[PDB]
Each structure stands twice: as structure tokens, then as C-alpha cells.
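This file shows p66 Reverse transcriptase/RNaseH complexed with lamivudine triphosphate.
Below, chain A is the first sequence line, B the second, and so on; all start at residue 1. All ligand and atom numbering here is 1-based and tracks the order in the structure. Determined by X-ray crystallography, 2.6 Å, according to the entry header.
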Amino acid sequence: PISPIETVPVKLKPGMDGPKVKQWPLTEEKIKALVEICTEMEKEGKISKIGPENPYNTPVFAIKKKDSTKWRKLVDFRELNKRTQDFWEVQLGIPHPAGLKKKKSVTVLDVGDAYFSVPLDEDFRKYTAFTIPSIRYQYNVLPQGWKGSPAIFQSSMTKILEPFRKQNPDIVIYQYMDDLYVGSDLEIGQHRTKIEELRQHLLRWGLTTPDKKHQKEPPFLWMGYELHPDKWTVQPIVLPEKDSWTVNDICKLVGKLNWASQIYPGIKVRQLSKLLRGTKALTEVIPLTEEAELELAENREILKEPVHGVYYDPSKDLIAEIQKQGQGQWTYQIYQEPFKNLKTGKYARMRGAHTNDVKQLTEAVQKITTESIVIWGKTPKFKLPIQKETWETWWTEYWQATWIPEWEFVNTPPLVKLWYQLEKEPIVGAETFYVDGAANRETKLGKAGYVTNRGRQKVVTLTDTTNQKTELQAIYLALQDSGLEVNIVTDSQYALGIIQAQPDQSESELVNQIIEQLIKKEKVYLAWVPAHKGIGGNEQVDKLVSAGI
Amino acid sequence: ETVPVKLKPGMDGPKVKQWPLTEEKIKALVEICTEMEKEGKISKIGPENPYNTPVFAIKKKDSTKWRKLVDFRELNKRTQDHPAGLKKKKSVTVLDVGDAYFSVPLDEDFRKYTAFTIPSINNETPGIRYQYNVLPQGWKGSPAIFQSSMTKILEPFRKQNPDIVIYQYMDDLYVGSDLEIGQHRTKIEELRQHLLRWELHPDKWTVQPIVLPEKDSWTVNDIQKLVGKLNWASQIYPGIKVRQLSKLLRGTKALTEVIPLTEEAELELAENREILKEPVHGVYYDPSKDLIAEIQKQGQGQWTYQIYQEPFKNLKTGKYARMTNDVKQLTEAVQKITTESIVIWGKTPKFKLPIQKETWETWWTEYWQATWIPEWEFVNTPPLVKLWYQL
DNA sequence: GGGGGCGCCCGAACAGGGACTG
DNA sequence: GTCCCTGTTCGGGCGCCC
Ligand SMILES: Nc1ccn([C@@H]2CS[C@H](COP(=O)(O)OP(=O)(O)OP(=O)(O)O)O2)c(=O)n1
Ligand SMILES: [Mg+2]
């Protein structure tokens, strides 16, 4: 039945007109499914036969559903979509079972032929013209394939449920498209009474709730999960098992793993993700690197284990704990009571040419905080593998504002640490290296080198280089040629900026080499001076490396 | 009857995504909005309205009352197109006159640009969308449209209290006097009664001059730091010089070698110390350009800032000290600096914040207490200028 | 062979600051 | 100015939901 809900007014984008795109061949099997659907819809007013008054046309097809018993009629409105006005999507995210609170009674209802029970704006119907190849119809209800259909449905649904929500403040209705989870703290008799009231309410507005898709007993099938009374489980995840992997099949693999990591702790996708780098198209085959095929195997082992998650109790604390997985990879577990996860997850985003473990930890914390706020509407307390004093040192020597919410240290290696610490004051009995580099923008030739207060000097010629590079190379040279304690004077804000933020990881091989050196040293002090102002003996090394460039 | 309002030419309305809110804030927002909806000030709308603007809520001081805050910065950027004595007053008081705006209806064809969306915890529901029917708090059009009515309400109070300066900026009324505190406060309450019927001290504010080390022995390193600092500062004060100090560094010396200061290098260091105690010459505030604010973290709860419109042409330079939570302190710093700007030039600065974007966005609304919100951008402070403004 | 949402990873485009040419 | 390097956005795959 069609809802007596007011239609939602919709326009084409200006200066534009409906699609005139011609039907495409269709399987004999599909055509019967379509006619069967269309003579039914047409009978019910869902669609109206049109004549030659209607210039427009858009192509229709059909795919078979999960029920493996009914067809889904689709329209490729890709052209009408581009010409249709913008909507503000009202679906802001995806509900998560970990954010559900324990309920005495629970129901899951599906709405029947949901879209086709919501009327489409009358002045807009004409553009939805379609042809069922051997009749010509238009839509009077929302079409599956049009881009306005989801927001108009979700929004319409919210209007319809609002009276019921107001009247029944303490019944919880999770509303994802046409699918409803209904929770109550009523005993099963009184709850079933409310469900019937909710179904009569829906029916009045033309939305049916077929018993076939009305679930009354645990476990409930909801949003890709199985909901048991005291625990939830993700419906089983099956990873592919090829020998030849394409980009498209790495990309589908990474996806299931990421999906999996919401409840399977430890999942890692760095080595797999890196294979995707540089590739040209989906067709492409890539050879699993030995670290990639290794990583894949560990994940495979992880997924073989049995895991569940629990529901949320607002009278307890939210605890998040994080583990360092190496290489800019992190897993976390959110819980309230020990060894009973609410949910898990991973952070692995590489932000920055150069960074270190404390920064990456701070980003993981920030990602988890935002995610906790979506799911539970509050921030969790943290358990982190980083000493209070490591953090305090970092916050003291980093020139940026940084902060981690309430947290406590957990001694679960590998601990997050700073791998070296530049001196705040120059070093007595340390040789002073004045470094520098220049490069010729046209030839791409350069020189890097130093001069020291003890009379040493050295110039290294470079090819296909850049001024920044030569400046990093000079610092690498002073580090290579110095003792365990070294004073380095540079004129490069560039170089000084990277090294002073204390990276332990970098995209740059040269910066990595530098880092390796900085870790070996006992003491390094890095100072800056303005270039080309005759400051000795920045001046002296400037002549050495400028010569010939 | 309604004042027509338009967008700047060739600009569409805001389309900014709502960010996630805490349970507390959503509860406040839903409570506030349902009653605003019952008073006719906002209307539920659908998704065919393509526009959006973020909302949240701050709860004040010691209270149990929240204030909605629509982040109208984008809409204000796209909306169609100051008492010098205010910065002298011994006390300045700041009142929230936002409620006044809901008495004036809003141009029908403009309402759609004021759309906002309320999120649900764990996305239990799609967002709930509203638009305004009256002058929205935080829109730049609101004080403009309501100005005429505002002048008429203050008029008797102003006449009878000639030595009280009252300034309006957005939802705010700045009220300054030279009265003793108590007589000042009794006056403020006189005005609230007056408005019902229908603390700042801009003396204390002081500039933070650039500083030069003074000490009895200098090492090569000390002098190298000094020459680098002075070289930078000479972009602000062209009267700074560094030739004599730099000739002490001739050769290739150890950083910790002690360099005795020659007579002229002692002298040149003396001038510089004085050239720094001058005002920056030739800086003229221009309203056609944004105020720009830089903030540098100096550690130990110390924050330095400069306000300018063109590089090295500072209008003000200052310091902000606190008691530790960097993000909070930074958010407090930003409010104090904005406050000063509104009081001094009647405009809001654009901030260059020394913080990571996600770090700031994750937490800044936990510490926000103003009814306006300044433009900002995030930058990584080159560690050098951190040294330049150093304590 | 269609849609909207969120997530993840990637590369492309573009913005902004520093260093350089003479 | 140009070139270099770094950050951000944003659109393209894929995952999952309906
Ligand atoms: N791949 C999909 C799935 C759903 N939809 C939309 C959004 S939810 C809405 C549901 O329509 P139906 O009533 O035909 O749902 P189903 O076929 O799932 O169960 P029935 O109730 O048996 O009819 O269809 C879509 O455009 N594309
Ligand atoms: Mg259904």
C-alpha cells in the first residue's frame, strides 16, 4: 500500500532536462520477472502507463536477491542522477552493536516493499519514464537507482516514527533504512503489545511489516551481526584463497580484513596495502611480497579463532587499550570489564613524510576518541604502552600543542619510546661541524660537506640532487664522520625542522640513514644560523660546497 | 515585515558536514530545539534542502544550562556585505544578547541557508534537520538587521549614562565604564533590567616586546643564537644591526668557546636593545583585510602571539600564561586573543594554530565558552620563530 | 550494468612556505 | 618569478549495511 505521507518536492538542476537514454537488451528471464513485477505495481498504482507525451527514458534491469526467491527491479538512473538537484544526506553513519545497551525484550522488523510504499513528487514523475521490452511506464513511488531515494526514504521514515517515539520515549528503535531494531525493558507480554502498536502505526502510514521478516527470538540477524542476549557476533568472514592475486582482489581482501578488525584483535594490512602502490588498474596482477604473504597468513590464523563482543553498560567506564604492532600499525580493544571486549579496531594511517611513535600513538588515541563519541557519546579512559615520563619529555620538547586524554600506563611491549634526544645546550668536548650543501637547479649537480673546528673538511659531490637533499646529506656526513658526541651547525630550516621533531620513521631513505646515526650517538646538538651572512665558519663551508655550482 | 537578504554574487550556501557530538550535547540540543520548534523559531525540514551548518552546545561556568551554538562561519563568509574609547575603560563587561534576535523574523528565501542537522548517538536514527524562521544567533546578518531596534533600546540608558560605552558584536554586547567595581556591576545590572524590560579590563592588556639575553660571558653558541635572532628581528625593526656581533664569529670555532665582547659589539648590542623598545613604525589597521593571529607554544604554560595583517607589520604582540592541557590552554588563548581583537578593532582574527588539525577538532568544543567562532587554519610552527618570541 | 551511508587505502590535484637567480 | 617539499582534499577502487 502507498503511504499518505506528503511527497518531498524535487527539481532537476537548472538548465537541464530529463534523460533520453535508450533501453538495453535484456535476458528473457529478467523480462518475465519485470513484467510480473510491473503488472503488479501498475495494478497497485505504484507505476502508471505513459504515452508519447513522455519523451524521456531510462534503462531498467533486475538482479536476484539473498532470499534467492524474489527479483529486485533496478533502474540505471545514472544520467537522471547527474541532472537531479543535490540533497543533504541524513544518514550520518552506521549503528554498531557495541553501542546497544542490554534490553529485556527485542524485536527486529523489516518493512515490506519499503521504497514502493513512499510516493514520489508528482511534478517529477515524468523523468522516471522507463520501458519494459517485449509497455512504457513512469514511477509514482521511489525508484531503486535514483539518488534521492535513500534520503527521502530515511527522512520520511523519521517523520512517520516521530509520533510513536514521542509517545513511547522509553522504547528504543534503531532505524537503518527499512530495518528496525526495537528494544524495551518490558516483560515479553507487554513488549509484544508495544510491537503491535508500532506495526499498526506503521500500517496506518502504508508501511507493512510481513511476519516472514519479523524476528521474535534470539539470535537476531541485524546489520550483518548475530545478536544473542549477552553477546554479539559478526556473521562469518570468508577470505579468498587464490594463487594469482589481482589489484581488485587485494582490494577485496583488505576490505574484509578491515571489516573483520572491528572484533578480531590484531589484524594487520600494511604489507597487503603497500602492494596496491603505483598500480595502473584493477585487472593487474601483483606478486605477494614475502612479508605480504606472511602477513596474510597471520590474519588467516587470527580469523580461525572464535570471538564475540558484548553490549554497553553506561554505569561502567569505557576503557580503551592500545598495542604497538610495529611499522605504524596499532590495534586497540575497547571494553568495560576485563577480557570482555565491546569492540576492537586498528589504526595504520601513514600521516607525514617523517614521524615517530609518539605522534602515531597520539593519532591513534584521537581516532579512537572520535569513534567512541559516535558509538557511545563519550570518550573512553586509555591504557597505553608509553611511560608517563616519555610522554612528558615529548610534550616538553615538541613545539606544537599536543594532548592525550586521561590515561594510564600498561607494560605490554613493544613500549612506545623516543629513540634519541637532541641536546638543549651545546656539548663540551664535542667536535663542532659546520655543514652545508648547494645544488645547481639546472644541471641537478650538487655538493654536500662540512668544515670542523679541529681543521677537518670534506666535500661530497652529488648528482641528480636538490638543494634540500644536499643539505640533509651534509648533516648525514657530519654524523658519519664524527664521534659519539657531535655539535652540528646548519643553515637549513628544512633540515633543522625534520631532525628537531625527532622522527624514527621516514619515507626518505636518506632521512632514515640519518635517523640510524642519531640513534647510535651519545649526544647530538643541532644549531641553526642564517645563511650567507659571513658567520664563520658557516661561511667557510659555504665556499667549499658552492664552488663549481 | 522582513528585510530581504542575499548571498554574495556567485556563491552557493554552506554545505558543511555535522561533526560527532557527545551524549550530553545532543541531549541539550534536542531539548533546546524541540522548544524552539514549539515557539516557531525553527522548522523541521527534509533532505531536499541541500544546505548545512554544524551545531553543538556549550554549558556555562557553574550552570546546568546549555547554549546552542551554530557554527555559521561559512554562511557568514558568503552572506552579502567601532568605538575607540572602548579599549580604555577600567572595566568592560560582556553580555549575551542573542535572545533578542528571535523577535525578528527571517527572510523566507534565505531561511534555507540556515539549515542544520542533529546527530544521534550510535546513529540510532538519521539526522534531524531544522532551518531558522527568525534571526539566528551567530549569523552576521542578525546584528545588522536588528541594529535599528538595538539603538532604540539602548538610547535612554546611553543618554542617562553618557560615560558608559556600549558596543555590540554579533551576539555580544560589550559594556565599558571607569566606575569602581560594584558601581560598575550595579550599572550592568541596571542595563539587564533595562533589556529585560523590552570581567574585562582593557587597561591591563600589554604588549610583549622582543627580548635580548644579557649575560657576563658569551660563548660562540650564545652569539650565534643572538645574531640569528637579531637578523630575523631586523625584518620587523629595520634599525637592528649585526655586523660587529658577527665579526666576533670569524673563523671556525668550537660552539662552547668563550668569546669576549669587543667595545663596539657591546655597543651595537646596546642600541639593538633600545631599537627594540620602539613601536613598530608604519602599521595601519586596514578593515578591508583580515586580522591574522599567530600563536607559538613557549612551554611551561606560556604562549606568545602576534596580530598583524601583513608580514612583520604587527598591530599587537602579546603573551598568554597559564597554570596541564595544551589543547585547552590553546583554546583559552584563542578566545582571549579574539576578545581583545573585537575590543580593539571590532573584528575577529584569522588564526594560524600550532596544532594538528585532528587534535584540535577532536577537543576544542570541550573548552569553548564564546558565542562567536573565529576562522582558523592549522600550521606547523617553524621551530625558529618559537625562539624569536621566547621568554 | 543502479542508489545512499560509513570505513580503508591510494594517487592526483592544489596550497603554502623556503631557497634560489642575478 | 621557479623548483622543491609537505600537507590537505577529494575522488576512485574495495569492504559492510539496506
Ligand atoms: N541493493 C539494495 C538494497 C536495498 N535498496 C533499497 C534501500 S532499503 C529498500 C528496501 O526495499 P524492499 O522492500 O524491496 O526490501 P527487501 O527486498 O530488502 O525485502 P522485502 O521487504 O521482502 O521486499 O531498498 C537498494 O536501493 N539497493
Ligand atoms: Mg524490506
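Taking every copy into account, the model assigns lamivudine triphosphate to ligand 1. Chains touching lamivudine triphosphate with a heavy atom below 4.0 Å, listed by letter, come to A, C, D. Here is the list of lamivudine triphosphate atoms found below 4.0 Å of a heavy atom in A:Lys65: 14 (O), 17 (O), 23 (O). When the options A:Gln154, A:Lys212, A:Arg72, A:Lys66 are ranked by their closest heavy atom to atom 4 (C) of lamivudine triphosphate, first place goes to A:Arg72. The deposited model's entry lists DNA chain D under the name primer DNA. The N/O atoms of A:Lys70, backbone and side chain alike, include none that comes under 3.5 Å of an N/O atom in lamivudine triphosphate. In this structure, the list of other ligands and ions lying less than 4.0 Å from lamivudine triphosphate reads ligand 2 (magnesium ion). When A:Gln144, A:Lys213, A:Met177 are ranked by how near their heavy atoms come to atom 25 (C) of lamivudine triphosphate, first place goes to A:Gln144. Looking at A:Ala114 next to lamivudine triphosphate, an N or O pair under 3.5 Å apart turns up. In terms of polar-atom proximity, A:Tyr115 is not counted as a contact of lamivudine triphosphate, lacking any N or O under 3.5 Å from an N or O of the ligand. Using a 4.0 Å cutoff on heavy atoms, A:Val111 counts as a contact of lamivudine triphosphate. In this structure, residues within 4.0 Å of lamivudine triphosphate (heavy atoms) are A:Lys65, A:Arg72, A:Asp110, A:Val111, A:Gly112, A:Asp113, A:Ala114, A:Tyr115, A:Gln144, A:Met177, A:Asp178, A:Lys213, C:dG2, C:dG3, D:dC18.
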